[PDB]
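Entry with meropenem (hydrolyzed form): notes follow.
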Amino acid sequence: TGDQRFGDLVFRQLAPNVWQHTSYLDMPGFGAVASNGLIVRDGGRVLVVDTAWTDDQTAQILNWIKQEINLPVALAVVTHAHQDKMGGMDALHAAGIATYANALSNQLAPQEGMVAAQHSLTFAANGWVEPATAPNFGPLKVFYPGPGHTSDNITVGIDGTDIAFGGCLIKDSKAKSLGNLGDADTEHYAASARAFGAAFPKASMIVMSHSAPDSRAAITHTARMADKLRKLX
Ligand SMILES: C[C@@H](O)[C@@H](C(=O)O)[C@@H]1NC(C(=O)O)=C(S[C@@H]2CN[C@H](C(=O)N(C)C)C2)[C@@H]1C
Ligand SMILES: [Zn+2]
Ligand SMILES: [Zn+2]
């Protein structure tokens, strides 16, 4: 496939300096649910997008980095306050890694059961991160598309590549549903999905939390499912 197993994780190289990490929830009651994030080598440092489901899994990602890249992890950015994205914050913090999330993700974190990130990102009215709140992010281009999967969901493009990361906002072009809608904004979801597409108009590889990377069809298929959901009444 391109995938490689390391312990209980899977890693897939997407570009010379980008890899997808995948971890699987092992809670007795759920199936082995996959969640994806990214690792980005930015020259002499590594940037992480999302934790794994648990601290231990997150620590395994750090060991894979240490072994396969062996550069310091300068920062991590997490894309919303749910377990699959922020479940491993304590592992990041035990490793002395500076962590960033949407201010709103840090405000929601105690209610959701997550450890807040150390630093809060804020956004302009057009959705682009305020650069003063995202210092030395290198190729990570952080975009808040509006409420969708959750109120706080953020997305990230990787400059120098054709990759954009949707997180749980975007589902693959064959998905049957939008997944967990318990925290979703059913009115704005579709528009937020289209905004993500518009913010990264040249990205041709769309990475998402719960499916393999897909084409831009993932974006339009998500926005459709979201508009169907809005119109059910
Ligand atoms: C527990 C959360 O991390 C949860 C969420 O993000 O809302 C997980 N993330 C999502 C999602 O929509 O991004 C879900 S549903 C996901 C999509 N495919 C699986 C599913 O549909 N299930 C029936 C669990 C897993 C997971 C339960
Ligand atoms: Zn979520
Ligand atoms: Zn998810």
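The numbers used for chain A are those of the PDB entry, and the residues that appear cover 41-273, in sequence. Note that ligands are numbered from 1 as they come in the structure, with each ligand's atoms numbered from 1 the same way. Only heavy atoms go into these numbers, but all of them, side chains included; no hydrogens, no water, no symmetry mates.
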Positions of meropenem (hydrolyzed form) in the model: ligand 1
Main binding partner of meropenem (hydrolyzed form) (name per UniProt): Metallo-beta-lactamase type 2
Which segment of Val73 sits under 4.0 Å of meropenem (hydrolyzed form) when only heavy atoms are counted: side chain
Heavy-atom nearest neighbour of atom 17 (C) of meropenem (hydrolyzed form) within options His250, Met67, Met248, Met126: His250
Meropenem (hydrolyzed form) atoms in contact with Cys208 (distance to a heavy atom under 4.0 Å): 6 (O), 13 (O)
Substrate-binding residues (UniProt) in chain A with heavy atoms under 4.0 Å from meropenem (hydrolyzed form): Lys211, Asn220
Side chain, backbone, both or neither: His189 near meropenem (hydrolyzed form), heavy atoms under 4.0 Å: side chain
Test of proximity, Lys211 against meropenem (hydrolyzed form): N or O pairs below 3.5 Å: yes
Cut-off 4.0 Å: other ligands and ions near meropenem (hydrolyzed form): ligand 2 (zinc ion), ligand 3 (zinc ion)
Residues of chain A binding Zn(2+) per UniProt, non-hydrogen atom under 4.0 Å from meropenem (hydrolyzed form): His120, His122, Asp124, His189, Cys208, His250
Contact atoms of meropenem (hydrolyzed form), heavy-atom distance to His120 under 4.0 Å: 6 (O)
Binding site of meropenem (hydrolyzed form), heavy atoms under 4.0 Å: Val73, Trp93, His120, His122, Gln123, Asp124, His189, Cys208, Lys211, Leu218, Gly219, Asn220, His250
